[PDB]
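Looking at a structure with capsaicin today.
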Amino acid sequence: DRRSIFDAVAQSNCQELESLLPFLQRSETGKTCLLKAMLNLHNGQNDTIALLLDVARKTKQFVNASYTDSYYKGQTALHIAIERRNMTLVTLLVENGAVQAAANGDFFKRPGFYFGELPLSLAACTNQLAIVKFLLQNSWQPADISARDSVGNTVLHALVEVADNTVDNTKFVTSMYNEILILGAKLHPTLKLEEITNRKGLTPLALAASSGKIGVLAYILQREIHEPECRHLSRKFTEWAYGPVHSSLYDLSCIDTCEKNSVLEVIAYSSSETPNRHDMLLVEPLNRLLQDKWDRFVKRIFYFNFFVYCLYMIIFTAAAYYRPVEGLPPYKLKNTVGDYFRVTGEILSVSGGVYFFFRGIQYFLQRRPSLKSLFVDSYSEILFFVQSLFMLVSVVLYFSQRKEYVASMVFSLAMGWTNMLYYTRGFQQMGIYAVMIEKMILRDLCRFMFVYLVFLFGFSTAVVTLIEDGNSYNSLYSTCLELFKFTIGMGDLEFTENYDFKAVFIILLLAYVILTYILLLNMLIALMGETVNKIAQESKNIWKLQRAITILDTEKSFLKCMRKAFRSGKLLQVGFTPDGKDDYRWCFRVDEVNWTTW
Amino acid sequence: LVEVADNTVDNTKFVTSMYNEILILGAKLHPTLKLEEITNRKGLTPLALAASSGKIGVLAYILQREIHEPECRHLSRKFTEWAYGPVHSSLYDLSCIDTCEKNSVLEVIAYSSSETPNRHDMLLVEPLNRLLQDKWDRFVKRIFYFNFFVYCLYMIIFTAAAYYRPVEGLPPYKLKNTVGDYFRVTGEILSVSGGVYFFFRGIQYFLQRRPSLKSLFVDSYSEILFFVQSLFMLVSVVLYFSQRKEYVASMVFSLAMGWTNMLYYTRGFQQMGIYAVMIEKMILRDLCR
Ligand SMILES: COc1cc(CNC(=O)CCCC/C=C/C(C)C)ccc1O
Ligand SMILES: COc1cc(CNC(=O)CCCC/C=C/C(C)C)ccc1O
């Protein structure tokens, strides 16, 4: 009976198996007998697997027995052996004929564990170097290293897929990455594993850069290997050293400009769901690269753009200033030179407006941002787009015989000038100040203004339900104002004599002053102090990221003027390679010094 | 053993050790008996006693208790349901944490009279954190938002009826045939009904909770304020059928407190609840000094 043998194997006794074997020959889930045996195995107490294998051999078609349920769909006995750190059973299964099995079930894709869908990926992802060595070098059937799973994740893909940014996890993930990469080199010196890409097309380096795994990225970018056979695996090199001085190179294989999305363009354009996209510009080559680009070929472009915006704002201001006032829009052009100048200024203004409108639309299309985090990812794109909207609405209402266009233009102009702060990112000690303004406007004023409006409305309704109006203080707008003024140090504790009782009125105003002016407002000062003292450092990081985005956008914009004139680094030969005795890369040089090493 | 702990590391250490040893010994000597169920004159189980007295260490121990011995695996309160790689899925007992015979652990932690040293860290134990978050996620967030919306509507109609109070003569006022006057009187009746609701809620809270007189502004700052708003509303009612125009001096107060009390509902949101807590603490200490 099937249940009798199941009970026996769970009992770890072979007596029933021995009794039934002669009769065996004489004659939902789908779990295999050997599968249950290894599952119900303690201290190697399960030996009936060998008996079952020998019985089957005495009778290929069984060494590939796999689960069927959607939860464990495809789960294989080799995977079960590996999960338990089984070497003897794994080797026995491999020799007997039981390495490219695909465990495409849900559990391997809710609560679950992802390692890839191959035995090699499982063995690597579980910190088992010896087992992966044997699996990839098993003589009966060698486990392939280039096998590709459903979503495309190979073993290196998976190793990136598993990190968590911790010290020990990053430690052994990097260790196994290095070992498996050297092993793939020696077994297949012709192949280059890293180039492989998943369904999304992201290289493991690009994947570790997008997902947020800084440790793996720092590793991959700072990678050098000395072995004579496989020195081509390096991305870093040392070009000389004299005393305590050194001069190293870096690879920049496709960091600068890559096939689809390089590392830098993916770090900068991360949608802020990533944990740390701000520390991820701390790696040495990226810091040096951004500083170099800023120094050489984009500081002048940024200052030119800033000067052009300043001039645009000056003419917009000085044309809006002299707007015609008599009659209705439009206005008939006078023969005077000044009127010509004014209309030229207006046309310049509207041209800038449409430019900014199209830039905003294009940014939206390319970037495809969310709706909940749109005021955290990009605070300034929204504001430039809004200024453009106001300018265009004013245009719409200036050819529509209406004088409300000014109410638009004013707004626009204000935003215009206030937006000059956008350009204070090219300077550190001002960019950090603008970042702090950003953060406070987003958090502190929102909280404080909700609470303050609750208090103000409560007490102003309480004070208009008292007045009787028997000027026109019997208003909720005018009471809302006269009580707002208290906050700006202009509150007149007696602004009206229309009230039944004086004690109630004055107790009401005193409670309001004590609760908002003395308590709340000084509390806001205190909370601003604490928030400043916290974000002192995150502001620097966000400024760095802002400037990085500025550099990337500028280089993308003027690819027409100089698409390849400004390439980072120099095309150098670091060394030879066994493949073709050629190793020429666009490498980047940095010096260094040290005294302890000597 | 619960009666002796002091929340220190070593005292908690050996108190837990001896608790475990004596419990296993009682199991082996008397496998039929269950010691924990026993209760003192007050009727509090040792777990409930360690939860009420403030002994967080002993509570964390008792709630996170598992035993592997074949004979006495029934002593566990925690279990492991599977593990595949680096992953695990554990269970917890909740014997009578949720709803217990007289006073469960949770109802006794929450309702501690603040004489207890640390009733705020005592919700840091894993099962209680997870339980509170789960309940909030599933079946009470909607109820809280519904109550908050109802209070907002009550406050809006109270405000907009108090706003248009009749001004000529003395109270009461003869209902005009105008539709607006009908609307106004309906609003007033709604207001007073809410007022009596809040008054009875305050009285019931006092009776059940039996708080002190020196620490009444530390234990519950908002029950007092809701009760006071109800008192002002009821006094205004008393002076609106007593031919007197001082009722307004009451109502105004009431309304103010009303709107200011909306902050009570900012506890369902973390970054606003913390702000309201800070307002509470400053009003209690700094403004007084
Ligand atoms: C443009 O980029 C930035 C801009 C700012 C300053 N601008 C603001 O804070 C927005 C204020 C808008 C107020 C306009 C009100 C009108 C309706 C009268 C700080 C950091 C930046 O990165
Ligand atoms: C209702 O619960 C809360 C309420 C508040 C704010 N409310 C207060 O501070 C009380 C102020 C009362 C002032 C009234 C004065 C009248 C006499 C004119 C903070 C935290 C909470 O938990």
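The order of the sequence lines fixes the chain letters, beginning with A. The residue numbers of chain A are those assigned by the PDB entry, with the residues present covering 113-139, 152-183, 187-225, 227-237, 242-602, 625-752 sequentially. Residue numbering for chain B follows the PDB entry, covering 291-579 in order. Note: hydrogens, waters and symmetry copies are ignored here, and every other heavy atom, side chains too, is used. Whatever order the structure lists ligands and atoms in, that order sets their numbers, starting from 1. Lab note: partial entry displayed, contacts enumerated inside displayed portion only.
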- Task: Show which other chains sit less than 4.0 Å from capsaicin (ligand 2), counting heavy atoms only.
- Result: A, B
- Query: What residues line the site of capsaicin (ligand 2) at a non-hydrogen cut-off of 4.0 Å?
  - Reply: A:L662, A:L669, B:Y511, B:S512, B:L515, B:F543, B:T550, B:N551, B:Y554, B:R557, B:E570, B:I573
- UniProt resiniferatoxin binders in chain B under 4.0 Å from capsaicin (ligand 2), heavy atoms: B:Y511, B:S512, B:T550, B:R557
- Message: So what's the organism behind chain B, according to the entry?
- Response: Rattus norvegicus
